[PDB]
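Entry below: contains tacrine.
Here chain A follows the PDB entry for its numbers: 4-377, 380-529, in order, are the residues you see. Atoms within a ligand are numbered from 1 in the order they appear, just like the ligands themselves. Reckoned from all heavy atoms, side chains included, excluding hydrogens, waters and symmetry mates.
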Amino acid sequence: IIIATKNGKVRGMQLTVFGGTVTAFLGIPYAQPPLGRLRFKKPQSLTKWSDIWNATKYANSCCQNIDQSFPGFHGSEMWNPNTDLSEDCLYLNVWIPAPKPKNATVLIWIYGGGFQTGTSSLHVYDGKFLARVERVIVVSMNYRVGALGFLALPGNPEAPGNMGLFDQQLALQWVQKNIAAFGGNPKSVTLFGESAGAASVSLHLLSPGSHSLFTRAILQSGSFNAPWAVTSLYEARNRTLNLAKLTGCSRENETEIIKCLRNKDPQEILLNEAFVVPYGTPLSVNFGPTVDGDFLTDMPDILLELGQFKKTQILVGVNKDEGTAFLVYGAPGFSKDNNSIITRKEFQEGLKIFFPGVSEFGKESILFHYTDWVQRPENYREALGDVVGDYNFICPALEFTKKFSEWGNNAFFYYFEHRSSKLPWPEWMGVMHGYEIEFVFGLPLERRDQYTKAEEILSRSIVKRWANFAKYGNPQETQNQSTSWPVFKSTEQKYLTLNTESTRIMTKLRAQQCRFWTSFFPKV
Ligand SMILES: *[C@@H]1O[C@H](CO[C@H]2O[C@@H](C)[C@@H](O)[C@@H](O)[C@@H]2O)[C@@H](O[C@@H]2O[C@H](CO)[C@@H](O)[C@H](O)[C@H]2NC(C)=O)[C@H](O)[C@H]1NC(C)=O
Ligand SMILES: *[C@@H]1O[C@H](CO[C@H]2O[C@@H](C)[C@@H](O)[C@@H](O)[C@@H]2O)[C@@H](O[C@@H]2O[C@H](CO)[C@@H](O)[C@H](O)[C@H]2NC(C)=O)[C@H](O)[C@H]1NC(C)=O
Ligand SMILES: Nc1c2c(nc3ccccc13)CCCC2
Ligand SMILES: *[C@@H]1O[C@H](CO)[C@@H](O)[C@H](O)[C@H]1NC(C)=O
Ligand SMILES: *[C@@H]1O[C@H](CO)[C@@H](O)[C@H](O)[C@H]1NC(C)=O
Ligand SMILES: *[C@@H]1O[C@H](CO)[C@@H](O)[C@H](O)[C@H]1NC(C)=O
Ligand SMILES: *[C@@H]1O[C@H](CO)[C@@H](O)[C@H](O)[C@H]1NC(C)=O
Ligand SMILES: O=CN1CCC[C@H]1C(=O)O
Ligand SMILES: [Cl-]
Ligand SMILES: [Cl-]
C-alpha cells in the first residue's frame, strides 16, 4: 500500500487487529532534521523526494533524560523511550482503517512528559485499536523536548523559545495538507493529549497560528494554567544563562552564546539541564513554553480571562489520584515498596520538597487546609498526595474549564476513578497520573492481555465517547442505556465519573480544596 503525499510517496504496512486489518505508516518525516545550524531554531519546511519512503517502523525519539529511579520496574520503565534517541527526530505516525475510509474524522495525539521527556512510539499510545474499532484516523508526532525544544532568548530567532510547540504545529499543518490523500477529513480534526500534551493542546487553543489547523480539543490531566506549564521570561533568561555557564558558553553577544551551545554534543546539554535552577522538585519543568511573542502573544492567563481563544467544544478531565506518583521521587518516608505511613513531621518535610521557594506562612497554610482531620494512620500520607494532585492538576483543570465555558461553548468534564488491575505500582497510590491513557487507546479491548471483563467494558465505552466527541462534538454513548454526559456550566459544574461499577453525575468537584488553591494561594 503506497500513498502519494505532497513531498513524495510513502509505503505503509498491514496490521491484523481483531479479525480485521489496519494500515500503519510509522515514521513519516514532517520537517528538516534540526541539526547543526538548525539546532534551537523553529522547524524548517521539508524538501521533496522522488523515490518511495518506507514508513514501516517507529522513528528515533527526541533527545531526553531518562527515568533511572527504578531500574527493572515496569511502572517507571514503560514511560521511557522505546526507540533510539537522536536530534533527528521530527517524524509522525498515521493509522488508517482498512478498507481505506472516504472522509474519516482525524484524532491527533500529543504526548506528555513535563516538556522534558516523551515519545509517540510508546505501547500505550498505539493508535491501531482506535482505527480498527471506531474507523477514525489516528496521527501522532515526535516534538523536541528539554532545552533542545524550549531554550529561550526572547526575540532572537537563533533560539526564540517554544520550538517544540512549533514542531507540533508543523505536524498539524502536515495533516491539513496531506490527510485527504489517506482518506481523512482535514475539516474534522480533534487534538488530544495528556499532562504536558494536554497543556500543549490548551495552548494551541490560544495560538492564532493553530486556529485553522484543528476543529475540537480533548485535555487529559493538564492545562496551561497549571503551575508547572509556562515558564516566565525572567526564569527563562536566568536558566539559559545558567546553562551557558555550566557548559562554558557564557559570552556577551547572546547570539554567540547560541553558537557555542550548537557545538556541544547533545549529552552535555542534557547533563546540565537539571542544574539551571537552585532547587528542583519532582515536578520541575526547567525548559518549557514561554511568552515568545510568536506562538504565544501575551500571558495566557490574560488571554483565557479575556476570552481570546478558539471558540469550539472541549472535553476535559482528571484522575482520582494525580498526585501520588510524584511522592516516591523525593518525599521522605515514601516508598513504592511499603505502605508509606508518614508522620506529621514527614508531611512537613514533604511540603518543603514540593514548595521549596514558598514562605513559611505559605507552607503552614497548606497544612492548615489539608490536616483538619475528623486518628487514622494514613491521614498524612493521603493528605500529601492530594496536596500535590490538587495544586498541580485538578484545580487548574477545573479553573480552565470554567473560564473557557463562560464564553458560550459546550464543555464536558470527567473524573476518572478506576485503578487498573494490571497496575504494577502499590494500591496506596490509587488511580495514578497517566493511567487512564491505556483505556482511551483501547488496550483492554484485547482479550489476550490480562484485563478483566469489566475493564474491557469500560474502555469500549470510553473509546466510543471520545470518538463521538471528535466526530460530533458530544461525548455520549447513545446505544447501551448509558448515563448521559451533561454539559459543564460555570454555575452548576456537573461532571461525569468514569469507573467499572457506577457512572454518576456529580457537582462541584473538590470545591473547598480548589477555593484554597485558586483564590488564596496565588497571593503568598
Ligand atoms: C538565577 O541564577 C543564579 C545562578 O546560580 C547558580 O546555580 C547553579 C545551580 C547553576 O545553575 C549555576 O550555573 C548558577 O550560576 C542563582 O544563584 C544562586 O541562588 C541560590 C539561592 O538564592 C544561592 O544559594 C546560590 O549561591 C546561587 N548560586 C551560585 C552558587 O552562584 C539564582 O538563584 C537564580 N535565580 C532564580 C532562582 O530565579
Ligand atoms: C518504607 O520505606 C521507606 C524507605 O526506606 C528505604 O530504605 C530501606 C529502609 C529499604 O529497606 C526500603 O524499605 C526503602 O527503599 C522508609 O522510610 C525512610 O526512608 C528514608 C529515606 O531517606 C530513610 O532516611 C529512613 O531511614 C527510612 N526509614 C527507616 C525505617 O529507616 C519507611 O520507614 C518505610 N515505611 C514503612 C515500613 O511503612
Ligand atoms: N514518566 C511518567 C509519566 C506519566 N506518569 C508516570 C507515573 C509514574 C511514574 C512515571 C510517570 C504520565 C505522563 C507521561 C510521563
Ligand atoms: C522499502 O521496503 C521494501 C520492503 O519490501 C523494500 O523492497 C525497499 O527496497 C525498501 N526501500 C528502502 C529500504 O530504501
Ligand atoms: C468531506 O467533508 C467535507 C466537509 O467537511 C466536504 O466538503 C468534502 O468534500 C468531503 N470529502 C470527501 C471526499 O468526501
Ligand atoms: C553578535 O554576533 C552576530 C554574529 O556574528 C552578529 O550578527 C550580530 O550583529 C552581533 N550582535 C551584537 C549585539 O553585537
Ligand atoms: C453495547 O453493548 C453491547 C452488548 O449488548 C456490546 O457488545 C457493545 O460493545 C456495546 N457498545 C458500546 C459502544 O459500548
Ligand atoms: O512527567 C513529568 N512531569 C513534570 C510536570 C508534569 C509532569 C508530566 O507527567 O507531564
Ligand atoms: Cl475522591
Ligand atoms: Cl452507564
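Taking every copy into account, the model assigns tacrine to ligand 3. Contacts with tacrine (ligand 3) are greatest for the chain named in UniProt as Cholinesterase. Neighbouring residues of tacrine (ligand 3) under 4.0 Å (non-hydrogen atoms) are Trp82, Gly115, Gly116, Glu197, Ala328, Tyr332, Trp430, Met437, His438, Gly439. What sits closest to atom 1 (N) of tacrine (ligand 3) on the protein, heavy atoms only, is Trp82 CB, 3.5 Å. By number and name, the other ligands or ions lying nearer than 4.0 Å to tacrine (ligand 3) are ligand 8 (1-formyl-L-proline). Rounded to 1 Å, the minimal heavy-atom contact between tacrine (ligand 3) and the UniProt active-site residues of chain A is with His438, 3 Å.
For tacrine (ligand 3), the atoms sitting less than 4.0 Å from at least one non-hydrogen atom of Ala328 are 7 (C), 8 (C), numbered in the order shown with element in parentheses. Of the protein's heavy atoms, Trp430 CZ2, 3.6 Å lies nearest to atom 8 (C) of tacrine (ligand 3). Taking UniProt's list of tacrine-binding residues in chain A, a heavy atom lies under 4.0 Å from tacrine (ligand 3) for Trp82, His438. An N or O contact shorter than 3.5 Å links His438 to tacrine (ligand 3) by distance. Remark: tacrine (ligand 3) atoms within the under-4.0 Å shell around heavy atoms of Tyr332 are 9 (C), 10 (C). Looking at the UniProt substrate-binding residues of chain A, I find a heavy atom under 4.0 Å from tacrine (ligand 3) for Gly116.
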